[PDB]
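Summary heading: complex between fluconazole and Sterol 14 alpha-demethylase.
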Amino acid sequence: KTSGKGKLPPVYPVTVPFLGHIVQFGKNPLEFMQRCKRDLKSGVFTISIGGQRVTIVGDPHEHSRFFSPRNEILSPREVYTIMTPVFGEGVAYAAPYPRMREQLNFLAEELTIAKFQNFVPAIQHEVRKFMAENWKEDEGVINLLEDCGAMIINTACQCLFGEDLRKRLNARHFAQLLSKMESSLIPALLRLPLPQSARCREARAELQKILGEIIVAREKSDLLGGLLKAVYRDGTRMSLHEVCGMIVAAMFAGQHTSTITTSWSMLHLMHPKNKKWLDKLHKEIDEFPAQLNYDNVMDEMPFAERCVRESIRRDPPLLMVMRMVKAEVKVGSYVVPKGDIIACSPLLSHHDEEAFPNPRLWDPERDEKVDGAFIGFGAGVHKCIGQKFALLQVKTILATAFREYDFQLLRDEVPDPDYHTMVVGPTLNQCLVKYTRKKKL
Ligand code: HEM
Ligand SMILES: OC(Cn1cncn1)(Cn1cncn1)c1ccc(F)cc1F
């Protein structure tokens, strides 16, 4: 059972039992969680979605307690059921953890620092190719958020998709399918049974078929190829279904998190308030040639990476990460019982006054004042596997972009975090920016 002296973290009083806190938690979770933490004199607290127990680890010191326990204790599968139609049955979380671990490990091996051999030139190539087309005028106005999403997807494909695949699967067209597979991840039913999404099913099968054809044609380097060579610890290869899933996951995971990190970063540096930091950025990328190489970005862009880190810290794209509690776990002084859902919020954590004084301030030179406080890319057993690539990708984009362009916000102050989904980026209708082409002669 327990048992039986299991303590329980303070519960926040709900005005409406049936409602839960959803009405508030949606409008602005930050203020809400920040309020609970303050009033309950405890960084670790439990709130209820309607008729449900949810314990939030909002104490930076306690991140270990959340990220270190293995799936057997804290299981993510139950929470992320929703994504199964997207990743597929028996893929990722949907599958048993012994297999899941393997699947991800294979994807990881494909995004390792080892594979970045030509990635940089590939990225830099696609970026310029986009700027030339969509930013013709010497001085014009565009939407940064929409444009970063395009650069990200195009860039990623140039890296992880082979010549044959790209021509067959148009880069933009892939985002078309990717977007349809999400038309079902806009919740919006939690108490009732799960319904299938026609949009998602079709778009995935449309992608799976295409991929299927390439494999046949390929049968008389890229992520897809890398995945084919894959063999399990029992002597089994990944099926088309499983391969398609991993790729979809890789692209889904990257698209939204990176396009937001890239947007936020450009937005800060862009603001006159952050002129100083823009100067030290140019100190860094001015002496670089027009053609960047792996070394330039990986080992010669330290400040640039700091900007990206701080942008992820201040406004983490991933609101919370959650897991189903199967067994008792110790958290600080308190404890969380079986059956509950334990969450951990980068957003709340990154705003702890002790760990990040003045958390709404964008300071690329700030440091964890509590070791481990930053969980932008997760931690422990579930560390992000696309981190290294995301950074290479984002840093390279920042360079090419600020190498031959100057940007100016049309708004007064940096955009507001647009909280709706678990994924949070800058407010779309505020990401309008005027670009002016740098002087040449
Ligand atoms: C800046 C961009 C990115 C951010 C901010 C980010 C953030 C995160 C976070 C917070 C987690 C923790 C998930 C959890 O605790 O449940 C995570 C895990 C993960 N990420 Fe990312 N990520 C990024 C890019 C990517 C990319 C590009 C990929 C694939 C290409 C990727 C693949 C994964 C996978 C497979 C996991 C879970 C694996 C595990 O549980 O060990 N991520 N990421
Ligand atoms: O957990 C994510 C996506 N999901 C989790 N919370 C909200 N959506 C994070 N993802 C990883 N990097 C960026 N996003 C994930 C975990 C594993 C995975 F394979 C894909 C995937 F999106």
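The PDB entry numbering applies to chain A: residues 24-211, 218-249, 259-479, in that order. Values reported hereafter were calculated over all heavy atoms of this structure, with side chains retained and with hydrogens, waters and symmetry mates removed. Counting starts at 1 for both ligands and their atoms, in listed order. Per the header of the entry, the method used was X-ray crystallography, 2.8 Å.
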Q: Provide the full list of ligands or chains for fluconazole.
A: ligand 2
Q.
Quick one: what's in the binding site of fluconazole at 4.0 Å, using heavy-atom distances?
A. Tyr103, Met106, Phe110, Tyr116, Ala287, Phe290, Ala291, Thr295, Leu356
